[PDB]
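Here the structure comes first, spelled out in structure tokens, and everything after it is commentary.
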Amino acid sequence: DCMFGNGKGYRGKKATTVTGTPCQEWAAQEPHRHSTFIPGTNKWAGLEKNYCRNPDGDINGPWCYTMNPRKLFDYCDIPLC
Ligand SMILES: O=C(O)c1cn(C2CC2)c2cc(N3CCNCC3)c(F)cc2c1=O
């Protein structure tokens, strides 16, 4: 699928970053601990499995926590609608 504007409403199944790195699941706390952007308390941003999302409305578009233990997050690569 494509993304509208900055992709805040994107609900597709892309689950890798721009470089191909697998995404970490939003509910997971490994390999990266995070107190923010958890599905338990954010019920409105579609924080589902390990899919690319944009809960903070970054102009750069949808992103995910990465499975690389050194690198916290990266943007994904989804075309503009
Ligand atoms: O406290 C935390 O766990 C985090 C706090 N922040 C904000 C900076 C204070 C984050 C910001 C991130 N970026 C997402 C993409 N748009 C820019 C901000 C991010 F990927 C993760 C976190 C955290 O885990």
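Along the sequence shown, residues are numbered consecutively beginning with 1. In each ligand, atom 1 is the first atom listed, and ligand 1 is the first ligand listed.
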Determine the main partner chain of ligand 1 by heavy-atom contacts under 4.5 Å and name it as in UniProt.
-> Apolipoprotein(a)
Return the drug name for ligand 1.
-> ciprofloxacin
Return a yes/no value: protein heavy atom under 4.0 Å from atom 9 (C) of ciprofloxacin (ligand 1)?
-> no
Considering only the protein, which heavy-atom contact is closest to atom 11 (C) of ciprofloxacin (ligand 1), and what is its distance?
-> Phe37 CE1, 4.1 Å
Identity and separation of the nearest protein heavy atom to atom 24 (O) of ciprofloxacin (ligand 1) = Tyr65 OH, 3.0 Å
List the source species for chain A given in this PDB entry.
-> Homo sapiens
Using heavy-atom distances, let me know which of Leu72, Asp58, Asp56 sits nearest atom 13 (N) of ciprofloxacin (ligand 1).
-> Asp56
Which domain of chain A, as defined in UniProt, supplies most of the contacts with ciprofloxacin (ligand 1)?
-> Kringle 16
What protein heavy atom sits nearest atom 1 (O) of ciprofloxacin (ligand 1), and how far away is it?
-> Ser35 OG, 3.7 Å
In the protein, what heavy atom is nearest to atom 2 (C) of ciprofloxacin (ligand 1), and what distance, to one decimal place, separates them?
-> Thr36 OG1, 3.4 Å
Under 4.0 Å, heavy atom to atom, what does ciprofloxacin (ligand 1) touch in the other chains?
-> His34, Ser35, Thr36, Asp56, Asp58, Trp63, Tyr65, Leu72, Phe73
